[PDB]
A.B. asks: 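Have a look at this one.
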Amino acid sequence: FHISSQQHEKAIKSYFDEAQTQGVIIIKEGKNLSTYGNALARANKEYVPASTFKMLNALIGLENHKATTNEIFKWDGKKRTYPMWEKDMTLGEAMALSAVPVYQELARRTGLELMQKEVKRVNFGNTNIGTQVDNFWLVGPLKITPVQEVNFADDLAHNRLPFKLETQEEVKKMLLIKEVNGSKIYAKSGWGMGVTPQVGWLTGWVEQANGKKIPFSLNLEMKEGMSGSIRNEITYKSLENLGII
Ligand SMILES: *C(=O)/C=C/N[C@@H](C(=O)O)[C@](C)(Cn1ccnn1)[SH](=O)=O
């Protein structure tokens with residue numbers, strides 16, 4: 001449609017301005033990184049990964065036989081943050097619901113020693129998990145930049161992470177969040193509420209009908225009374241604006 005670069009940049013900036021926050025979205029086409037939004041310097045700043053870490057948590061647990069994809073993690077009957085989490089679920093269902101307690105159980109099964117060795121082997125973010133195996137991705141000290149998140153998504157989309165092909169495919173199946181005219185969007189959201197300022201993520205890739213995979217990572221400041229779906233809305237509008245979906 002012969003739209004200028006300046007127009008795409010202004011349009012995507014306006015999506016973040018209109019949400020009254022500050023954020024970036026990084027897109028990778030082949031080997032080229034493009035950064036859009038209203039706070040471009042966020043691209044190389046470190047933030048806690050929050051629930052985006054569930055992707056790597058699942059890879060590590062499955063690869064090291066701490067769970068299977070069919071295993072049901074039973075609700076223990078204790079009050080959880082959301083009623084929707086007060087049920088028995090597989091890793092895949094827990095992924096879609098972002099169910100922290102299930103992923104905490106998986107991290108505890110893995111254990112601190114194996115988790116640190118695996119996070120190092122994958123070279124995820126600053127690779128530091130500290131000494132608490134069940135919350136390091138929520139409150140620190142683990143941190144990652146939006147550029148590193150988009151590169152992680154690109155490696156996963158292409159089966160390039162240091163895990164069996166089968167492990168990567170099993171986790172990818174858990175991440176399908178939308179279909180749009182022959183395009184499929186795979187992504188994981190994150191919301192770091194236990195850090196200030198709060199951080200929101202949506203990191204994934206578009207698989208186009210022709211098979212091409214386009215990784216992205218949205219990163220923004222979450223604020224009071226903001227809905228979680230703003231992450232999806234900004235991401236989808238940006239991807240549509242760029243003709244990616
Ligand atoms: C993944 O990003 C899950 C985040 N869960 C948050 C939330 O949903 O608000 C809680 C509060 C856990 N969390 C995030 C940061 N510090 N704690 S929820 O699981 O109780």
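One is the number of the first residue; the rest follow in order along the sequence. For ligands, and for the atoms within them, numbers begin at 1 and follow the listed sequence.
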A.B. asks: What is the PDB name of the drug at ligand 1?
C.D. replies: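 You're looking at tazobactam (bound form).
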A.B. asks: Quick check: main partner chain of tazobactam (bound form, ligand 1), as named in the PDB entry?
C.D. replies: beta-lactamase
A.B. asks: Which residues from other chains neighbour tazobactam (bound form, ligand 1) at a non-hydrogen distance under 4.0 Å?
C.D. replies: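 Counting heavy atoms, it is made of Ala50, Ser51, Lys54, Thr81, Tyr82, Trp85, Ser98, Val100, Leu138, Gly190, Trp191, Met193, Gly194.
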A.B. asks: What atoms of tazobactam (bound form, ligand 1) come closer than 4.0 angstrom to any heavy atom of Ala50?
C.D. replies: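 Taking each heavy atom of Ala50 in turn, tazobactam (bound form, ligand 1) has 2 (O) under 4.0 Å.
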A.B. asks: Identify, for atom 16 (N) of tazobactam (bound form, ligand 1), the protein heavy atom at the shortest distance, and state residue, atom and that distance.
C.D. replies: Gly194 N, 3.3 Å
A.B. asks: Going by the atom numbers of tazobactam (bound form, ligand 1), which of them fall below 4.0 Å from some non-hydrogen atom of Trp85?
C.D. replies: 18 (S), 19 (O)
A.B. asks: Nearest to atom 9 (O) of tazobactam (bound form, ligand 1), what protein heavy atom do you find, and at what distance?
C.D. replies: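 Of every protein heavy atom, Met193 CE, 3.0 Å lies nearest to atom 9 (O) of tazobactam (bound form, ligand 1).
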A.B. asks: Out of all atoms in tazobactam (bound form, ligand 1), which are within 4.0 Å of some heavy atom of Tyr82? Include the element for each.
C.D. replies: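 With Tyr82 as reference, the close atoms of tazobactam (bound form, ligand 1) come out as 7 (C), 8 (O), 9 (O).
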A.B. asks: Show the atoms of tazobactam (bound form, ligand 1) that are less than 4.0 angstrom away from any heavy atom in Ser51.
C.D. replies: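 Listed by number with element: 1 (C), 2 (O), 3 (C), 4 (C).
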A.B. asks: Need the tazobactam (bound form, ligand 1) atom indices (1-based, order shown) with element for anything under 4.0 Å from a heavy-atom of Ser98.
C.D. replies: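 Per the distance check, 1 (C).
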A.B. asks: Which atoms from tazobactam (bound form, ligand 1) have a heavy atom of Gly190 less than 4.0 Å away?
C.D. replies: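 By the 4.0 Å cutoff, the relevant atoms are 2 (O).
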A.B. asks: So which protein heavy atom does atom 6 (C) of tazobactam (bound form, ligand 1) come closest to, and at what separation?
C.D. replies: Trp191 O, 4.2 Å
A.B. asks: Give the residue and atom sharing a covalent bond with tazobactam (bound form, ligand 1), or say none.
C.D. replies: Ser51 OG
A.B. asks: For tazobactam (bound form, ligand 1), which atoms, with element, lie under 4.0 Å from some heavy atom of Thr81?
C.D. replies: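 The atoms of tazobactam (bound form, ligand 1) under 4.0 Å from a heavy atom of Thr81 are 18 (S), 20 (O).
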A.B. asks: Return a yes/no value: protein heavy atom under 4.0 Å from atom 3 (C) of tazobactam (bound form, ligand 1)?
C.D. replies: yes
A.B. asks: Which atoms of tazobactam (bound form, ligand 1) are found less than 4.0 Å from any heavy atom of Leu138?
C.D. replies: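 Once the distances to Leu138 are compared, the set is 14 (C).
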A.B. asks: Tell me which protein heavy atom sits closest to atom 5 (N) of tazobactam (bound form, ligand 1), plus the residue, atom name and distance to 0.1 Å.
C.D. replies: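 For this ligand atom, the closest protein heavy atom is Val100 CG2, 3.9 Å.
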A.B. asks: Any idea what organism chain A is from, going by the entry?
C.D. replies: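 The PDB gives the source of chain A as Acinetobacter baumannii.
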